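Pictured: 3C-like proteinase nsp5, co-complexed with PF-00835231 (bound form).
Order of sequence lines = order of chain letters (A, B, ...). To match the PDB entry, the residue numbers of chain A are left as they are there, and the shown ones run 4-44, 49-299. Just so it is clear, chain B uses the PDB entry numbers, and the residues here are 4-44, 51-298, in order. Whatever order the structure lists them in is the order used to number ligands and atoms, beginning at 1.
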Amino acid sequence: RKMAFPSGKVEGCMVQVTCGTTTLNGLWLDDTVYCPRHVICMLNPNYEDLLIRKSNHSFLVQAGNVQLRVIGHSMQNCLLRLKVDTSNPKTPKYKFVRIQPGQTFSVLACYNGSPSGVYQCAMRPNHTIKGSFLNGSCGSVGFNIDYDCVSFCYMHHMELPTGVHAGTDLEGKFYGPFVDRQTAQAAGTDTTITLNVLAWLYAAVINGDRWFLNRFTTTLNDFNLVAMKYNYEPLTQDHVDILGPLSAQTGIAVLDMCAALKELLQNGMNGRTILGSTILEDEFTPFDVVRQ
Amino acid sequence: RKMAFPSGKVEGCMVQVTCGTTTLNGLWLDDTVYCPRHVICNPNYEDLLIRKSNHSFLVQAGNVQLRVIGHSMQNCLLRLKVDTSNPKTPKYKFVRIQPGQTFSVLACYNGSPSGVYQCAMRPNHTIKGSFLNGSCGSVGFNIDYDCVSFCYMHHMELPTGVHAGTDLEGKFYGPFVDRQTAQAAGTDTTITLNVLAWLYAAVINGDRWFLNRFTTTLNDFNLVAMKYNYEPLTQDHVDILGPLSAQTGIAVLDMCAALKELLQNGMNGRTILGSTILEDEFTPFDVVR
Ligand SMILES: *[C@@](O)(CO)[C@H](C[C@@H]1CCNC1=O)NC(=O)[C@H](CC(C)C)NC(=O)c1cc2c(OC)cccc2[nH]1
Ligand SMILES: *[C@@](O)(CO)[C@H](C[C@@H]1CCNC1=O)NC(=O)[C@H](CC(C)C)NC(=O)c1cc2c(OC)cccc2[nH]1
């Protein structure tokens, strides 16, 4: 099952940022509030021009009942760093990280500064996420929690015409070739996260369906050559080592699981299922499998 | 997408309760801590509790230690009275959920919340959770408005991998007892009303391939439902699906005729809202939210 991290430490940081009539979500850490810079906008806007035309007083920042006053502002990439007169008493230990494709994080969906729901998603190889984001969701945040430290890694900005979502890290650099404009943008073709599909296949073996296994063998090179022809990410030697624990628990060598996957890619499943589905799941990490 | 409620108001109520070498998670509301009674541990729990002093309960809220002032047992739960009243307790109710309804689980270990996720009370009164060793005392809830409705406390994993537990009054969901016994639930069924709500959800998102021009009656639908291990559908169920009927413009018995086709013919490798299976853990209330 897809589990999310507990959202509490992040709920205390969610605020509402309003400019004129356009409102979105912001992240209040210490005396600074972060939010997508498009709060000040629509096609091909000059963001420097519009920021210099804006006064601190223009930004309405509400944190629950309280109103916070912008004591200053600056732009970092596609984000705005509003300085506020109050430090957030509920700020957690935190860091900004750049999540990598294949990896997962939890999204705390927010509307009007109120956290609505938390779900877990992965960053795809084409630098989009298959999220659930309605109008009002910009500035909602993705994050991982290790110990008591929160790793902020995603701020929501856009939904591509194809249903998927695009955003930035906490420094405002967009993941992927997207720009914050009211234009239709296309992601690159979405390749499948091989490392996670193998983790799934290992998970299926621990659950007791082995029907897709075989005695054929493969080298890493030859598996990667097949995989790319089916739009699957090549498997690095690093990924092989990551699968080590799942390999020893099941007694099935990683290259033999790849030989299995190679046969699934080339012949499909004759309507057969793994863990109940006809399609191979690719947002369960090896860590997720090991933990559960 | 399954979405869990923000777990913040619950995480501040999670504490650790230890009796000897036995540890589990507890729920700290006001001045009382709720936790599965087997923390004191087929025995007799009335005998075990009388031999227990308040001093023997190690209750910890994070770094802090709480002193048990008194206690009492209600069903399968302990009500530990403590000297401190939790400053973080939200507005809350205890409710008993009905099968088919959904909630969020804050999975906890050694008093530390580690994960949140959605799940549903199955018709056989189990839940398909994700619980590991140390997870008893983990709590299920709904956070509608600012009021938290606690509805589940975790107690066990059956041989089949599903989970079982009680309400916050300590009465089990289902036939189970808190003993170290292998126990069996009844045969499960598929939550028909939830499957239909999810079909309405797909239409709203534009997946309409499974629709058709036919209609069915309630009685004819249930003839097909019974054969495929779905719960019978009732007129109460149809009235619940009213608002989604209106939003999509598809009559509730039109959607049933679409579902009978999906059951009879199956889905030919095609997918509804991403999955290759008919999802039954999204309720009509869920889809509105
Ligand atoms: C934020 O809420 C906006 O502050 C919003 C979130 C999306 C709305 C629906 N689901 C979401 O995830 N973001 C946008 O509306 C952004 C705003 C930009 C960055 C200025 N724009 C889009 O996501 C967008 C624009 C267009 C488009 O043009 C018009 C054509 C096709 C798709 C598309 N997406
Ligand atoms: C709590 O953590 C208990 O301290 C624990 C949670 C489960 C452990 C693994 N995953 C869980 O969800 N609960 C138990 O161990 C309970 C304790 C009872 C209520 C006294 N027991 C079981 O879940 C249990 C016992 C047996 C069994 O016996 C023999 C045989 C088969 C399954 C089984 N489950």
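Other chains contributing a heavy atom less than 4.0 Å from an atom of PF-00835231 (bound form, ligand 2): B.
Most of the residues of chain B within contact distance of PF-00835231 (bound form, ligand 2) belong to the UniProt domain Peptidase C30. This entry records a covalent attachment of PF-00835231 (bound form, ligand 2) at B:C145 SG. Checking UniProt active-site residues of chain B against PF-00835231 (bound form, ligand 2), the nearest one by heavy atoms (to 1 Å) is B:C145, 2 Å. Less than 4.0 Å from PF-00835231 (bound form, ligand 2), one finds no other ligands or ions. The residues lying within 4.0 Å of PF-00835231 (bound form, ligand 2), counted on heavy atoms, are B:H41, B:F140, B:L141, B:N142, B:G143, B:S144, B:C145, B:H163, B:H164, B:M165, B:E166, B:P168, B:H172, B:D187, B:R188, B:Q189, B:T190, B:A191.
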